[PDB]
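Structure showing BTA798 engaged by Capsid protein VP1.
Below, read A as the first sequence line, B as the second, and so on, with proteins coming before strands; counting in each chain starts at 1. Counting starts at 1 for both ligands and their atoms, following the listed order. The header says X-ray crystallography, 3.2 Å. What you see here is only part of the deposit, and the contact count is restricted to that part.
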Amino acid sequence: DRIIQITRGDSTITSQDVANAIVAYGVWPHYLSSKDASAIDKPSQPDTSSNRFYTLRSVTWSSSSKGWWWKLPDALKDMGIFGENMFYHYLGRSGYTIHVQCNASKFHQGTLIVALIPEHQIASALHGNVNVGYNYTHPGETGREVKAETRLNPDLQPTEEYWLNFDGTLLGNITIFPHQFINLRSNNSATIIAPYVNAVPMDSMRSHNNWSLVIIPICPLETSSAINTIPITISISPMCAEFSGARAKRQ
Amino acid sequence: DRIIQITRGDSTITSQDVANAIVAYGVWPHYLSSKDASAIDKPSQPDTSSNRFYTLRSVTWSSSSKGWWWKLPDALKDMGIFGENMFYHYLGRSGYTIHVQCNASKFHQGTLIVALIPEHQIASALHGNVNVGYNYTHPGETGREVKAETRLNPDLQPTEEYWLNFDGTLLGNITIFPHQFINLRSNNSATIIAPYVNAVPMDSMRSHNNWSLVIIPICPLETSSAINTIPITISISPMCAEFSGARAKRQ
Amino acid sequence: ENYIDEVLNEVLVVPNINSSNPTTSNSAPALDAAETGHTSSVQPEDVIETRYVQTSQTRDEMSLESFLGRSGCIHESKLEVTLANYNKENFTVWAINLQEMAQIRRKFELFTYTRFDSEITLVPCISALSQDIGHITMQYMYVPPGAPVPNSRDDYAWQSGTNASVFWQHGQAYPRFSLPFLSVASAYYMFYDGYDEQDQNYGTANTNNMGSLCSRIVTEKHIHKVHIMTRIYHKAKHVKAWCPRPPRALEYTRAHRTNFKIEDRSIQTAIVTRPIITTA
Amino acid sequence: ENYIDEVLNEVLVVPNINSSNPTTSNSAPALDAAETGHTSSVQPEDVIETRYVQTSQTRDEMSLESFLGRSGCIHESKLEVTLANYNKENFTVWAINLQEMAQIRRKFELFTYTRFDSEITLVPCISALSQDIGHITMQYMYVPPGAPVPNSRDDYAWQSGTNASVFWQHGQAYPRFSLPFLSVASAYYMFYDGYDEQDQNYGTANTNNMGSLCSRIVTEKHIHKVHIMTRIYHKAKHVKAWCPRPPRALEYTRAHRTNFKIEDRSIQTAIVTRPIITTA
Amino acid sequence: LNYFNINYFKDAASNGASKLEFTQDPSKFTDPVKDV
Amino acid sequence: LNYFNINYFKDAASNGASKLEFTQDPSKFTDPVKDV
Amino acid sequence: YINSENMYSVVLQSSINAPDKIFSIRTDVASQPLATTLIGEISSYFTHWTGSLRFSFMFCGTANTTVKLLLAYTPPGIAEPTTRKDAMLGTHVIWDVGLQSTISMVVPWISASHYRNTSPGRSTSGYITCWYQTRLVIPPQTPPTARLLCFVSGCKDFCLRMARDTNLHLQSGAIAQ
Ligand SMILES: CCOc1noc2cc(OCCC3CCN(c4ccc(C)nn4)CC3)ccc12
Ligand SMILES: CCOc1noc2cc(OCCC3CCN(c4ccc(C)nn4)CC3)ccc12
């Protein structure tokens, strides 16, 4: 009963220590209905070739790591058919199952917060008339590390202040967002299912990110073990993904 | 009643002088049934994003032109979602509506044969132990012109003998294949609908071409007009296209 | 009622010609457009005043089963028997094709795909090169893809533990046996517009690989030099075929390829030239 | 309704693949413990979203009866005929084993115990060493344990008063006959973990002793030197077997023993080496 | 009159030549007609 | 259609190949289950 | 490792933090390495191939050792996947080692034609490739390296046809009486 198996595509995920799973905002993902629709063309629904688990490049968690984030649909930009479907149409909508995985030993301790936050509009790094540049909120699968270094082009950079949720809001009220905690003594995986959420029936996969996945460790990773450094891996599967207004491929 | 309008995708074609239309082998295209199937995974059926009219680069018909051919699915290699779906899976199956278009004046005369032939395995240009090279039967949207020139790599080339149907068979028995004639005094368009046809439920879109479209003029284009040279254009729409065994993209 | 109707060979009948009358009308059945890709619908009675004739003729013989259902030679294997310790040699191997003899090849190549069970019939003949013959027994073993291929008159594979072998000895009548339709797909491919995984070997080469027919002389070392020529014959039973193609116009060059070109020879169809078109 | 269903070879069918759907649950069918000695229960539909496919395939050919029910060579007896008063010699004797020819031996050794009736088929061939052959008749007699064993082409035992003998003469077709399952126990032993009363001869040696197959040339003294090689073939009919064992991995050394070791030769399985395991 | 036929063998393929059944076109070669 | 079969001989063993009867496992190789 | 028992296990390292391949296998069943196995040897007695294959994996490491692996079957018409991304785009199972040692994944029968050849030689049935989803993590004072075992069987799906002699065994000399 701490087991979970989720099958999505041709893909199946397994975890032997999980804490339940969370369904965002209490609503399971669905295809867009006739009542709510706007775009009058027939959507394209790739089904199994699209709604499947895409797993991104892993990140490394150390004694020093103070947080990371990714943006969706962005992180999936280059992933398979979901990716290609993303730039061939104006519009798309999708829900996701997000499965974050980090394992350790009964001899390590650490705690991650895994939050999926809607319309996460982050804050500029500096004062005055700056904003954030397109490229910096569209990292692809690699995401943003919080780095103490000085950076390329700072007037365009986002704040590195993670305990401010990057948005100028207190971390630790970060809960009213769909979330789980990965706490090594207790679990191993985190799992979140989300429905499309947006004030419009379908939006641009290119110019707008509906969700941001942000994981910042609120309990620092401590061990006496030889492996004092462990990977966190993100796999996310789109669900009920549909696209419309097809044209040529945007670059 | 010589009018035709065929709508496929977001695409609609129109022709005001056509001769009926032909359905290949008397069978309309369909999706692959449970009884006939082999591959046990759920196919992906792009619907409107895939089954739509793709129109290729046009060719020029002159006093000297002795013929041309294209191969399917090959010609669609680079076309939109049908293309991309082609290399992301092992297997695919599709039917097509082929619409060949050439217009002129009541003051021109000429006659084309438009034939869609199944498993058109062409013949090597020279004698002895030659065969035809992959690249030469996979031209993409440009197709093969019959050219009287000497060619790059001749041991790998296909025959240029068009009146031999390229296969060592008499042109003019070329009829037992689904076909129409474009004859300028009479029509303007040719239209052919074909069902999947193959001795297997789905095959490799990459290594096997189910159909070849071949148009060779059996009546030479004559005019007293200033425009003594006219274009032929091919548009073809896949129909009930499905793919399975998805993996990464073959190059 | 079909033990009878096919004993005089009458199921599958040809229509009668009806009487016809002088036509005067806006209906022009003789006038169509062949541009449609459709063959004309006109019948004798449409363009000429015809009498009533009751047609007794029959299409039975024209059926796919009648046409493919006659055996013809698909391979000739000559075994020249040497005595150089006799065991190092003296075996046939043949990769199995309908493609090496033109007469049956042309017939099946009338269609794109074909499906049927096969009746193989053997006609072995011993050409005697010594004063005599003695007792010649032969073995023919079918060696499907992957089965161990015999490398010597010797080797274990003629044990034929699970393979099918058939034996012939001088004076025994022509061996025969049946095969079930063997393809891995729904039909055999007479033509293939594709290549292998390696993007090579265009054509039928890829499709039907039946493995090989292997022959050996089984009688142990002896003194008479002989040659054994076993000719292989093939009837199609239980037949369907699809997608008729035009018939091969030119001599066959090579198996599994449509190549027609030949060295220092004009390319020659079966059409025959006239002096002038106003004279037949 | 079973004259029909087995004429197209359809009794014994393979299950269909059902459609399957995205799973999210505490039920982990992919997760088991192979420590139990139990093979996993997982099916395609459990770990992947599958479509409905109606499976027409058939296990008939995979039945024990299909697999053992093909004849293959179990012995080759050569009779070199001498004329040194002709009666002192010129007979085969063979102790009867399925164990001297590897191909069928490997198959039956797939099981620990086997039971079945046998069809023995003979393929005699006369190798002519003189200018000619003449009239060769042969006799094959089954000589069960305890029956008098012939010591000369001569001796009375070919009278075959109660024994079974079968005759072949040149030009006659391949002899054949059937045997009823002959063991003294409920099944034949393919392997035996025990010895004789004397604590000797480990293995199958002890179990199945069928006695011997004895051959003689029966035609009386004559002038042509010949060799006669009669090959013995064996089909299993009416078969059951129990307790499958892993298949023989190495060449066979000796009959009735599992000994695999060979002199001055590396011990060689059929496995094939790779350079490195990250590449196939 | 008429004639006698039994199959003597266990397998489909052993059986002799098949019986004939009507041409029953459909006209799919000569007239595959989209509007008839 | 179907096919004809008679046994021409007095002894069991003379008879030809046996008929096939269902796999009907029980799962005794794959799952010999002491608590199922 | 050839004639030992070690031919039958693969070794995992705590030394590696990375998306590294561990091993790969041709998926055709009469193929090497799997020809030697029950299902292979038997398939090798027929010329025709079809069904789904069940690959089960048992983790033999310390009770306190943990890893997450990716197991992937990449269907034919493409090359053996060279990277984790490339592999994962196909049919896969992410396996989490925990109380139950074992996991079974399956390569669906996915193929052009209803049957395949047991000795294809040029054509492939696809590959199965094993990678590191995370890393092999260990406590203090426990072996740094852990082994992994691999099994095959057929599913309800599976069938063979056209019986032929086996290619995995031969008779060189004569057999002693
Ligand atoms: C112990 C006896 O074994 C045999 N002796 O002679 C034999 C002959 C055999 O083939 C049967 C007829 C087959 C030939 C294969 N063939 C094809 C297939 C594809 C193409 C493109 N062209 N021809 C289709 C029908 C099989 C076995 C034996
Ligand atoms: C006048 C003809 O007499 C015979 N000619 O050739 C013959 C062949 C005969 O054996 C029939 C098959 C038997 C062989 C004995 N065999 C076994 C038994 C145990 C083991 C461990 N391995 N093989 C089981 C089946 C019997 C009689 C004749």
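- Taking 4.0 Å as the heavy-atom limit, the other chains contacting BTA798 (ligand 1) are C.
- The entry names the source of chain C as Human rhinovirus 2.
- Per the deposited entry, no covalent link of BTA798 (ligand 1) reaches a chain.
- The binding site of BTA798 (ligand 1), defined by non-hydrogen atoms within 4.0 Å, is formed by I96(C), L98(C), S118(C), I120(C), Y140(C), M141(C), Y142(C), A164(C), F177(C), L179(C), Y188(C), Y189(C), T204(C), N208(C), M210(C), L213(C), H234(C).
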